[PDB]
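Protein chains get the first letters and strands the later ones, always in sequence-line order, with residue 1 at the start of each. Scope of the values below: all heavy atoms of this structure, side chains included, with no hydrogens, waters or symmetry mates. Per the header: electron microscopy, 2.9 Å. Note that ligands are numbered from 1 as they come in the structure, with each ligand's atoms numbered from 1 the same way.
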Amino acid sequence: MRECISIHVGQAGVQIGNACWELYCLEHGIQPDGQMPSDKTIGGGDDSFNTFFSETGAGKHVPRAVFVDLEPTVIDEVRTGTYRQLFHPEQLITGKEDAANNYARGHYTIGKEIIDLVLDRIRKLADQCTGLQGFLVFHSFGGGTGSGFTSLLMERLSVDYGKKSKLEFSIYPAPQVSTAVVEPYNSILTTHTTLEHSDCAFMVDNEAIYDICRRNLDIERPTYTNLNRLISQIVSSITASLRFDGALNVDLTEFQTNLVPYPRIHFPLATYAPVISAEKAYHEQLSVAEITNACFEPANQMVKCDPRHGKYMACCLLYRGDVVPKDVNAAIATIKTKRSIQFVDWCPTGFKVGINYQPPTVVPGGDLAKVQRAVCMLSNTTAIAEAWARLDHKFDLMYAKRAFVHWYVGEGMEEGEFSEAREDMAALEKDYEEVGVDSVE
Amino acid sequence: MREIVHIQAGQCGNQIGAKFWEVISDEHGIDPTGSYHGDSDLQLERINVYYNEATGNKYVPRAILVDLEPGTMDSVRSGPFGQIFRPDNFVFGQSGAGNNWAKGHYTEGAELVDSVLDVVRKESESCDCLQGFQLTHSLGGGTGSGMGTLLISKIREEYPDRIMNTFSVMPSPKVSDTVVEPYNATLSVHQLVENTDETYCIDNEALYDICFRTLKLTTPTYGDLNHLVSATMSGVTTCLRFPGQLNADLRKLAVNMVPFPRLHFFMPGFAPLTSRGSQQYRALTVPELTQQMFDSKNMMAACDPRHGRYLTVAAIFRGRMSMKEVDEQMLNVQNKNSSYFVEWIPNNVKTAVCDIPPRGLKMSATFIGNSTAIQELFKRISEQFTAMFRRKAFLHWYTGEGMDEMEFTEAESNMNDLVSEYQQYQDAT
Amino acid sequence: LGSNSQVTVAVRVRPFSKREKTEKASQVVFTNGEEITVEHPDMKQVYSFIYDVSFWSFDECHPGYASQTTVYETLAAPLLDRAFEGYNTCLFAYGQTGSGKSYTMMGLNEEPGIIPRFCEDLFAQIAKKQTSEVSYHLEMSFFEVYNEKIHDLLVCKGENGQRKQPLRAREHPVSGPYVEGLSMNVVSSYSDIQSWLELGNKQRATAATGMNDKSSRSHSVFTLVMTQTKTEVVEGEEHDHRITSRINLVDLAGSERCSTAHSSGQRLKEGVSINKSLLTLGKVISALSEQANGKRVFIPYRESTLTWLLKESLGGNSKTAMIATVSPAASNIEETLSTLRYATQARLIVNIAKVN
Ligand SMILES: CC(=O)O[C@H]1C(=O)[C@@]2(C)[C@H]([C@H](OC(=O)c3ccccc3)[C@]3(O)C[C@H](OC(=O)[C@H](O)[C@@H](NC(=O)c4ccccc4)c4ccccc4)C(C)=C1C3(C)C)[C@]1(OC(C)=O)CO[C@@H]1C[C@@H]2O
Ligand SMILES: Nc1nc2c(ncn2[C@@H]2O[C@H](COP(=O)(O)OP(=O)(O)OP(=O)(O)O)[C@@H](O)[C@H]2O)c(=O)[nH]1
Ligand SMILES: Nc1ncnc2c1ncn2[C@@H]1O[C@H](COP(=O)(O)OP(=O)(O)NP(=O)(O)O)[C@@H](O)[C@H]1O
Ligand SMILES: Nc1nc2c(ncn2[C@@H]2O[C@H](COP(=O)(O)OP(=O)(O)O)[C@@H](O)[C@H]2O)c(=O)[nH]1
Ligand SMILES: [Mg+2]
Ligand SMILES: [Mg+2]
């Protein structure tokens, strides 16, 4: 069947995985012990869906995941937690030392000692998977394991597997907020090594989500859990068309064929519009029109960029719940009438639509309400260039004086490796300008 | 298993460390005998950072104590928490240094560094993965400075890929306690700047001000100052020994806080301090800790950051808190006070958060700053140095123990060059 | 006194190697007579740079061919005359693994480089000018940097494998830095200088790697001391005043990307160190260039042994020259540009020289 191998690479990735796997368990019916009481009443069913879970004859449901951090402090929170009886004990820590915010440590000195083992467990999983569609990697530009290790792994999987989909979910750095004075470099270098291997790198940022959680849900002091639960929901929309039934389903091989015109402009942005609290859950109709318009409001994005400073090249709109399609067609037409949403001349279609009948699951203890219908929008736009440019500027201001470089050279990296990277990114920025120019006859 | 091997040399070093072990025993639930008498389980998950198991659920620390005279060693034993140290790790000889660097580096200390290195190799090969070392010593005397610097040299030769952090009481501007502070400090700088990876500079006037105008203590003994230094020592290495939302070991801190290899001298600080009566008048939240941590009155270095600019600042938080608060408030610091931050480093801030705070507080924070104002320290020493070296004030006690004026000139040159590095990032262009 | 003297910058384009012929990287670099320009293989932003001297040994037959003795008589011979006027001399190389720095400086048995030519020309030109008016005195020093440590190249070790005795550098207040313990041995003519070069280029650290099998894992510095009397006639004794020279010719190691010439352990440790060194040197060059144009800067001489002992050469008091090596293949593009760009910085640096 249609199956996916989620890989969580680092702290950000593991914590997002915890969110996601809590939610998937809630959706299907799996207790943290791995047991599904749903067959207590209904025999011969399939709700512990094989895309994300594997079944033993004993009635367990073990996930298809690989967790990797190069530090024990984060997987050990699983092993000694509430989900200790679910994950296979082979959750990979050779984390005697972390990467010290260093792509050089995550790609060469401690990039190795673990990766062969990683690939072994992946091979064991894929061999159990007949109809594998792709991978979904969760990482973070800003660290080592999330910058360099991810790159190395993607390199190796583009050899050992090849014609498979390898999509990413990344926390793109913010323009103002940040937790590290070495993020720009790691970002540029990871983008250099990944642009030739990845197929679609969905991007998020935490400043945007902070602001969402402030305006709409009325949380002025949010933590990280309260953020990743949103990210979790995003994947659950991407992944619903494999798990639940629907009218128009989108497999993983249908994004990258629509949201990616040229092989290097595969950096789309996510949004999830009805991030509404239970108080404000009432006083609202929550129709398709409202949500589709919200997913195009810049203030409801999860990557801090203004689409009004650029052009949309594509947009995939994934609907969940009680949705009639006529409402989608009307909504998209309304959007195409507006002049603030300026599409390219070479994509007169622009949109893709997918629909599923299973509505979203409210995580208990949570901050989002039960909605009858939800929507996730993945949009490839030209505005993100500005963001890229910002990083490049930061890079220059540092690399002009070679700050922090002796930590990288110290861990086997040549100075030139930086320059090459920057140049490549410049090209990409130039490529974005090439796709905004109106065509001529 | 990221493990630390802790050395401590001299009077200051041993007293601070003893007060440190009485502070990391209280956090980890160890008693003066070695036994666990705790509440939680997380106290024991990561105790291996500092301690080793022995037999009966007794925990013997990885302390290496060093003195050139046995007077300070007998006080740790004949004291609260001395019956937990391994007696074979009290390496001490006679023939004190005499508040002289030479007697600690060349004459008497060279007759004892081999012993210390043996104890190290024992307490470093019994470790699954070592993250580094940490020494508590004192620039101002002979034994601490001398023997410590020598050991640094020898470990950075034998263990080069590892951390060598340092907590050093630097001399103070107004009043001294030795008449040969300058020389010894200059030579110790010469031997640290080339070897260490983090040097946390402490100054006792800052701590007395803290004990006077913040804690409002009328009788500030040294046991109180060491209780402030221990607080920072613990804060720096929390995230290796308790979980958190966003972690930060030592090497990460160094990578973020050390742009060029020699400017690894840090002004530290700890928040929150409330004097015992201003407790009920103060709210415990991030804005307050930030207001205190970035104030010049909470820093231990005796150097006003307002006379310079912050190359790189680091904030290790402990408690349940929102990350938005941290990020927002840090950006606010950088924006409102842009004149005190470098322009060619866009974000000058590093953040870490741990979940398990200190025993009596809901929130705690440690601050490590790399600023240019550290020049004001070394500059002064150089002035002192040359005001003596021009007249051979006290050098015959040094030459008599196998030294040459060349080393003095060398050290002066190095320290002045360091001052110049920190100067070139002081003006705004 | 003073003399604003710039650092004379030469560049050379080495021919193909065997592996470069196997993978078949075709021509990317071009000499417009003396100007040098490079071409990304996808016709991308053609780059152009200009230097005081260039060399195109890409093939024996092309117009503008420029070989070992030409490099010699163009840069090193001037510096020999300056070493005779009363100054000290620094010509220093830059490049990557397999790029020809060793071939251009020292050379092979049959085709030797600037070092033996400088020495031979010195000896012949001295014996032509050696009379009872002015005498001549000579001794030789040759040292290497390896893993941040100093080692003497002209000191054979005793019977135990690791006897590679390290030395330390020290700062004299007037004379600047120096090395303690350097067996500067004495010479009279070309033969014993040649025996010393033999023992040195034999004792120098080499290793087999994925680019050249006789790779250089060490920086090497060549400094002869040559004293010639200044024949005064005064009220008292004569001929006491004297004019000295100390040579400097520097052959460095390569940047050593760890995936192509890949190895684990020692062969990777030393590599890191090499790169670290190179990085620091870059800063110096960059910084000095800004120093020539008014900017207020600090030269980090002290973050490495190499740039620390060459402190009075990169700036300071010496007649100065750089030589860069580049290869004609796409493989080297950014590295070449890095190489080339550093020279364009070294073009702009000026130091103050004085008669000894
Ligand atoms: C009623 C009450 O709130 O008591 C608090 C208290 O009010 C204050 C005064 C405590 C108090 O600290 C001092 O009085 C003090 C004296 C000399 C030098 C420095 C401090 C306190 O003594 C200190 C003690 O701190 C701790 O409990 C931490 O666990 C602390 N423990 C130790 O340092 C310690 C020392 C020796 C033996 C065992 C533990 C700690 C701090 C940092 C890192 C690890 C542990 C606490 C909460 C208090 C008192 C008791 C008043 C404060 O101490 C610290 C470092 O957190 C001072 O500001 C904090 C919080 C309060 O202001
Ligand atoms: N959204 C989100 N971001 C996180 C979370 N945890 C960390 N981050 C982000 O991760 C970035 C730093 O990356 P890390 O994950 O800490 O680095 P790493 O992958 O752990 O690699 P190391 O530094 O070697 O430990 C920061 O910019 C954070 O914003 C999280 O739980 N949720
Ligand atoms: N201009 C040249 N013409 C012909 N052959 C050359 C030239 N330059 C170098 N070679 C050959 O190239 C080979 C390797 O060059 P080599 O001199 O070892 O590079 P290198 O400077 O030593 N770099 P490294 O070893 O990393 O310091 C030598 O065996 C030379 O014979
Ligand atoms: N903070 C603190 N400083 C101390 C203590 N004892 C000594 N000092 C400082 O140490 C310096 C002298 O160093 P000292 O310990 O005598 O070195 P030693 O004599 O070689 O062992 C003085 O400047 C004191 O300020 C102490 O218990 N606490
Ligand atoms: Mg981590
Ligand atoms: Mg060579």
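- PDB records give the name of the drug at ligand 1 as Taxol.
- The chain that Taxol touches most here appears in the PDB entry under the name Tubulin beta-2B chain.
- By chain letter, those with a heavy atom nearer than 4.0 Å to Taxol are B.
- Binding site of Taxol at 4.0 Å (heavy atoms): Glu22(B), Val23(B), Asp26(B), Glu27(B), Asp224(B), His227(B), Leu228(B), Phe270(B), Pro272(B), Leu273(B), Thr274(B), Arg276(B), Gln279(B), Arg359(B), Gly360(B), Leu361(B).
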